[PDB]
J.: 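This structure is in structure tokens; I'll ask about it shortly.
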Protein chains: 4
Amino acid sequence: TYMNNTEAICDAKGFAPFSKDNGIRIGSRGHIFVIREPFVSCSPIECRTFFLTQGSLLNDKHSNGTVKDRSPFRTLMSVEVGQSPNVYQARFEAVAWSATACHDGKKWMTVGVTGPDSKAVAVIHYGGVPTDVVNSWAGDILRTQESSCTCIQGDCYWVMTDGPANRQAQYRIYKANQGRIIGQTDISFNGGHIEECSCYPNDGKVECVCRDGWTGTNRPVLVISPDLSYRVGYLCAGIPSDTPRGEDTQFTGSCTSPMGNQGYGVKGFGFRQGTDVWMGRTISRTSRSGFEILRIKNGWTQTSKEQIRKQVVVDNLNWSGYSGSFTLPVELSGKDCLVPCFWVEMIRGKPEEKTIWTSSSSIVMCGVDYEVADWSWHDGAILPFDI
Amino acid sequence: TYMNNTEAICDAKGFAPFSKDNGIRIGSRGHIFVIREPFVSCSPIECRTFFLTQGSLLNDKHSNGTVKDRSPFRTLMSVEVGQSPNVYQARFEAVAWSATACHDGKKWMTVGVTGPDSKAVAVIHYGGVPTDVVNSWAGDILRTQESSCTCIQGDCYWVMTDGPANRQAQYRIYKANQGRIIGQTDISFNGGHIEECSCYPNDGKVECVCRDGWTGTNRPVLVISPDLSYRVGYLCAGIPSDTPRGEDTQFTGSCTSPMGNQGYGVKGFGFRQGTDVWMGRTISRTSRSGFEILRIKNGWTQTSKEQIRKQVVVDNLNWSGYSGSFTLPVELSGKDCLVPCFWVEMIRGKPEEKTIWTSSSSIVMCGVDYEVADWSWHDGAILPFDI
Amino acid sequence: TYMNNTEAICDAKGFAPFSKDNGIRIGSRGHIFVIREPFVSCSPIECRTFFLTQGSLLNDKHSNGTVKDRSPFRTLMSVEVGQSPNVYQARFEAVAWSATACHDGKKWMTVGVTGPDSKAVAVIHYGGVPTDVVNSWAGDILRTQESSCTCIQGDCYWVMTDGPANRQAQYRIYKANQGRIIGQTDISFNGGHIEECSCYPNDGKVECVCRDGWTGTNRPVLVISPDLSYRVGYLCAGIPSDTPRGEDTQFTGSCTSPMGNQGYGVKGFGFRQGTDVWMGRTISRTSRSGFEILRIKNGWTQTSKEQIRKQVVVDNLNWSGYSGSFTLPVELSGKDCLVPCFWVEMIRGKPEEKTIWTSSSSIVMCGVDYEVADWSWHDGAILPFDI
Amino acid sequence: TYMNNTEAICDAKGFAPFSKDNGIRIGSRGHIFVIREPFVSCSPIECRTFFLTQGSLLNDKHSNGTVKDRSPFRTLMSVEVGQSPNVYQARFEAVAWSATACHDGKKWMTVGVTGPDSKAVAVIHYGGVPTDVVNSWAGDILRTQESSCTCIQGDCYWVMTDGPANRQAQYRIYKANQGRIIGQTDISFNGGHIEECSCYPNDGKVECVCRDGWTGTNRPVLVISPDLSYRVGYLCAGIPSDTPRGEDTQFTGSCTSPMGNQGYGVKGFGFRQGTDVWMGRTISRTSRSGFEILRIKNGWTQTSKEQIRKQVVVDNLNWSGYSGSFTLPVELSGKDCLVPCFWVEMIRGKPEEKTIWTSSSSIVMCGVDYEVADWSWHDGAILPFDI
Ligand SMILES: CCC(CC)[C@H](NC(C)=O)[C@@H]1[C@H](O)[C@@H](C(=O)O)C[C@H]1NC(=N)N
Ligand SMILES: CCC(CC)[C@H](NC(C)=O)[C@@H]1[C@H](O)[C@@H](C(=O)O)C[C@H]1NC(=N)N
Ligand SMILES: CCC(CC)[C@H](NC(C)=O)[C@@H]1[C@H](O)[C@@H](C(=O)O)C[C@H]1NC(=N)N
Ligand SMILES: CCC(CC)[C@H](NC(C)=O)[C@@H]1[C@H](O)[C@@H](C(=O)O)C[C@H]1NC(=N)N
């Protein structure tokens, strides 16, 4: 029976730790896939941690240039949330250097993008077997979320990008049912840039917080209705949640356009709470270190900078990285609303550290009705490795 | 359907071995999590061994200061009772440096405590997803049992401590149903000290034998009714079952107050048998070595020192450590009463041995109608390791 | 309930990647069985990757003469498609240095051939237990497909060869139901040579594309009806799809006889598409390197050389090897026709490279309605190994 | 529902290979438990390989004196038949240096014997939890089968020995239902010696072929009826099937008394076939090397030495060892009779080879209606190891 994700996202006051895999630390002696871009998605029975392997393991010579983002050895795999991305407990999902996945109440759907940069192919899987495909439509690194996709009443949706990673690119919403594509839409966002959207279900619609690697330090936002009509813009909040970025005091929000000159960026997330917003970000404003989430009153609908809550999950003396959102299935939380949860990726190795490799572990946090105390659940690995 | 643990604890004459994981010995070459504080808990289908990892493996550099008790890398995981705490067979439970867990007949509930010492957070899980939380209420290492919690007719109970580990601290009983907290009580025990309670179901109530790390060498006791009313005191028996402690001859029992001057201590257990009591303890009275369990006639209700039975499980030439209780589900034992079972933790490494690490394995014993012969099922590992 | 594989094979325009195990690369540090001859077969619930181990692991001395094709240590095992052939996730199937396997809708059937070269024995398994046997009938390396067998409405069929690997040999079709042999037929093919047939279901009959290691560079073909009547010949197409072979321009097809002088060969596959054919082959015409599949119009019924589609899966700068076919169960693809899928084996080590061992990994591709772009999903391992 | 093992044992003409684990060869680099005494037993759904670990792994220092037969680190574990006794796929069964196990149609029952030599304890398990116990009754190494026990219509039976391993000892039959002992009988066999019985179901009764380590070179036999009445004697056959032993020509059989002077011995098996018998034995008559099984006409009821069939499974240039019997459940073989199957243990290391350790792998064979060709599926490991 299809999973009903039609409920509203629960209003949360704080965040509690769900899991921590300790992938790298274990990888010093255990058999762990060198990885990157991990994310969480849950079925009505369990939550899994998806990740992009590099076809090699930690502390092995094949972990050499594992910073190259894309290769034909890159594969999407999964384990139960909390377990390291070890070989022996892993489930194979798809061949990919970019991916997304989600359960529709009956089975798992995954989308792995691989192939050559100018004509990549996204293979859609459902039930452990390819079922449909999307070919590059702009011919320039067809890619996707790097976080959980969203399924509402049997239908699943996700966003893909194809084109430059700086100047204007192209963006689409895809809709599928049982692994078969049944709809797509072109997102008009002239001047705006969308990458690695972090999405979740809310009041029957798909809400995402993405990344603008062109000119904005504030994150793009889009609300997707099942029919495929949408709303694109930026997190109104007058606090920039991307990295790199500038000071908050010198920032001016906008729900319509990108602000700041900073070009690059990093995947991030955000949850709407009525008119408010829970927004995650690295503590360092120039680097991928530390991690905190702030709740801004009216932050979702106005250029507000009023902070009602702040919780640290990784201090600034430790490397962070990607971070995305997902929700707990009602069939597991017992609650009457979708529990918002996010994960934070913690990168170790190049380009910041003295190693031939690059990989990451993660920490997962979830909704909760109380305010939780600050702390640092960092990676903890001691670099460099025996190599 | 909920597990009925309303029956009385079976009267046992001796104890038979259930399992032995050989974690450390295997860990010399296999991929085993460095651990500490292991315990057993059973569902209607199987018994599992829960443990606190240190986010690292044996014979790896990350096992360095693994004696520090608390860190943000510490996680609660589980395996089927008897298997070593190896990476590839482990299930992730919670992020924690202190924990408890138990099955209610439908699912597993676990409680992991992590965070900073002054404002720690206990995340409650049910079904593999966080469901509720308890924040530090005394702001000084919020902690729990380190042994199986207790579920009776759908409701599960457990004890937590928050405050100093020497002088007076504070103690509470928590009650939950389906992962949602629905009750709590403050335990008044002025002059007494409660830590790491070992609990089990008996005649419809929760009975625990705990640890007084303040001034007592005899163990605190509390009988918890489902409504949350309780009874707190000490094991009446005139034989001190804590470590360190003094001679038995020079000991005077008390069901009301702590006796002896010895400050420190070690987690231990005890089972009521009508008016009698099966009490476990290290053979050495000053160190954590050896292990034996004694049955004292009328030992539960009087300052009795009459020994009717004595069985050794670990001789005094071998290191022991923690030990807790749990019961076999009627749906597995086929019996008509709850079969009492305990486990003994065997510590290797610091602070007693020449290693950079600290970890432990275990041996599990269970009820049984006959007297079992003495022996030593010790750890067996050859220290030091390649390091 | 029996799996209905009575439908026609879907008409495909291109092929999308299903999986890539990265077995060798992982094997540099992980615990991977040295293997050879891998293949895919699917049940109504999942697809598995079967393989022939050599009773040893990569980067271990026992991988020494692992090029010898046959030994008493060789065993057939399986894992879910996409996982490396690692120890801890493997299911034991049969003792064998030659094999075939397939699911009939209720259980898995496997056929492992082992024993001495002059009187080998094929043990048939069904449900994880031997059920029947076939003894060598020609007394000269009794062998089979090295690819998925075919089950139609409860009955499974496969082809075996017994006799010389150069000059004329003998060939048979075997039929079984629930692991019990219930039929066999002798294939008269005087002048022709059949080895390692790659088969699949089509319009209610078993269609195979095999290997002629005697004198032909074009592949033998046989259409098997459930009653055991058959049709034997060669892929009509005027393009030689075996290796080694000569130029295409200098080739003349034939649906009746072997063409070319080239003796040796390599396992390959082919799918009928109405009158057309999708045929796989190594790019190099002299060596086992690179891999591409071509669609020849009318290629199945005429000596046609008209290429309508060409897709590369492994470039010529990388080693390839065996390749076979299998189909997706309707109960997984949701489609109304059998989705054609193939796999390509990529050999590393002897006799082409500087290693004491020989093994291989694989890449799996599947049907799909669109044309997919060229690329190379090669092995990726860095030889030689620590040895 | 209880497994019906009331049928007669199928008449077999030859034996086909079921599995081969390659435990030692894999153990050169993989994580394999050093073991000894392996055996096979099947449930209505699968066959498993039980084994006695030594609490340590191959190629690790803890494998040092692993020849000592008994220690408190010895544990009984299992895996699916065919898989090596690796850490990550193993199920914990019991603490033991001697064991037996079998499925009754509903669950697994195992019996592990551990403790001190003078007062050992046999813990009986059913469903993964201890359920009953047997204490040493002679106080001298209480021990059991080292092979599969036998369950007929819900009841399981097995044989235990307690006393000297040379001169007269004591022997009993145990009967249990759902893990609870409900019967036992003393076997009067004055002058005879019974050890490690290999048993199987036949025409509703339990038939075993055991080992006389006192004075006989021929094997003891006992037919056990469910009511516990029995028949004890020796394999009538005039061919000695124990090791060491003397020439066959100089042997005189007896169904009543032990023959030959040879003292020691080795576990072996035998299947009745009407009046005939399939008997296994090492090829060497003085050492534990090679393995063959012979069918002797009328061999079960007369001092017959008429050989109708002979099949080799391990040549004399390779080490063998223990060997026991088990039967395939009708619910798996689809047949109408119990399929007889045996396993052969192959010892490597001390006392015959230059290693600090001792362990073994195995090969499993099964019934079958045809005669199978001779061959050698030996261990294949290259000793010594890195140590
Ligand atoms: C070129 C476009 C980039 C996205 C903004 C790039 N995406 C892909 C598919 O390569 C990401 C980016 O280079 C890396 C990062 O910013 O950390 C990860 C990297 N993502 C992945 N390797 N999956
Ligand atoms: C500071 C309070 C102590 C309890 C009496 C302390 N508990 C915690 C949560 O740190 C324990 C104690 O220091 C150690 C021991 O006595 O062996 C284990 C240690 N327990 C854990 N690391 N889980
Ligand atoms: C001698 C006949 C050959 C088939 C044409 C030979 N088959 C067997 C059972 O040994 C194959 C051949 O030598 C190897 C190859 O061509 O790659 C694989 C090899 N196949 C296997 N080892 N399973
Ligand atoms: C002392 C009695 C012996 C049986 C005849 C002895 N049994 C036990 C429980 O120790 C066996 C014997 O010494 C060894 C062998 O013959 O190979 C195995 C050994 N068996 C086991 N270690 N389980």
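Here is how names work: the chains are called A, B, and so on, in the same order as the sequence lines, proteins then strands, and each is numbered from 1. FYI, side chains are in, hydrogens and waters are out, and symmetry mates aren't considered; it's all heavy atoms of this structure. Method on record in the header is X-ray crystallography, 2.2 Å. Atoms within each ligand, like the ligands themselves, are counted from 1 in listed order.
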J.: Which chain is the chief contact partner of ligand 1 here, given by its name in UniProt?
T.: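 Greatest contact count: Neuraminidase.
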J.: Tell me the drug found at ligand 1.
T.: peramivir
J.: For peramivir (ligand 1), which other chains have at least one heavy atom closer than 4.0 Å?
T.: A
J.: Decide whether an N or O pair under 3.5 Å exists between A:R143 and peramivir (ligand 1).
T.: no
J.: Which taxon does the entry assign to chain A?
T.: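 The entry lists the source of chain A as Influenza A virus.
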J.: Are any of the N/O atoms in A:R288 less than 3.5 Å from those in peramivir (ligand 1)?
T.: yes
J.: Considering only the protein, which heavy-atom contact is closest to atom 10 (O) of peramivir (ligand 1), and what is its distance?
T.: A:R70 NH1, 3.0 Å
J.: Counting non-hydrogen protein atoms only, what is the nearest one to atom 15 (C) of peramivir (ligand 1)? Give residue, atom name and distance.
T.: A:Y322 OH, 3.1 Å
J.: Which UniProt substrate-binding residues in chain A are reached by peramivir (ligand 1), meaning they have a heavy atom under 4.0 Å away?
T.: A:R36, A:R70, A:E195, A:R211, A:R288
J.: Taking both backbone and side-chain atoms of A:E195, is any N or O found less than 3.5 Å from an N or O belonging to peramivir (ligand 1)?
T.: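 In fact, backbone or side chain, A:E195 has no N or O that close.
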J.: Okay, heavy atoms under 4.0 Å: who's in the binding site of peramivir (ligand 1)?
T.: A:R36, A:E37, A:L52, A:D69, A:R70, A:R74, A:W97, A:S98, A:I141, A:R143, A:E146, A:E195, A:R211, A:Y264, A:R288, A:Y322
J.: Are there any N/O pairs under 3.5 Å between peramivir (ligand 1) and the protein, and if so, what are their distances?
T.:
{"residue": "peramivir (ligand 1)", "atom": "10 (O)", "partner": "A:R70", "partner atom": "NH1", "Å": "3.0"}
{"residue": "peramivir (ligand 1)", "atom": "13 (O)", "partner": "A:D69", "partner atom": "OD2", "Å": "2.8"}
{"residue": "peramivir (ligand 1)", "atom": "16 (O)", "partner": "A:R211", "partner atom": "NH1", "Å": "3.2"}
{"residue": "peramivir (ligand 1)", "atom": "16 (O)", "partner": "A:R211", "partner atom": "NH2", "Å": "3.2"}
{"residue": "peramivir (ligand 1)", "atom": "16 (O)", "partner": "A:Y264", "partner atom": "OH", "Å": "3.3"}
{"residue": "peramivir (ligand 1)", "atom": "16 (O)", "partner": "A:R288", "partner atom": "NH2", "Å": "3.1"}
{"residue": "peramivir (ligand 1)", "atom": "16 (O)", "partner": "A:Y322", "partner atom": "OH", "Å": "3.2"}
{"residue": "peramivir (ligand 1)", "atom": "17 (O)", "partner": "A:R36", "partner atom": "NH1", "Å": "3.1"}
{"residue": "peramivir (ligand 1)", "atom": "17 (O)", "partner": "A:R36", "partner atom": "NH2", "Å": "3.0"}
{"residue": "peramivir (ligand 1)", "atom": "17 (O)", "partner": "A:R288", "partner atom": "NH1", "Å": "2.7"}
{"residue": "peramivir (ligand 1)", "atom": "17 (O)", "partner": "A:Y322", "partner atom": "OH", "Å": "3.4"}
{"residue": "peramivir (ligand 1)", "atom": "22 (N)", "partner": "A:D69", "partner atom": "O", "Å": "3.1"}
{"residue": "peramivir (ligand 1)", "atom": "22 (N)", "partner": "A:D69", "partner atom": "OD1", "Å": "3.2"}
{"residue": "peramivir (ligand 1)", "atom": "22 (N)", "partner": "A:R74", "partner atom": "NH1", "Å": "3.4"}
{"residue": "peramivir (ligand 1)", "atom": "23 (N)", "partner": "A:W97", "partner atom": "O", "Å": "2.6"}
{"residue": "peramivir (ligand 1)", "atom": "23 (N)", "partner": "A:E146", "partner atom": "OE2", "Å": "2.6"}

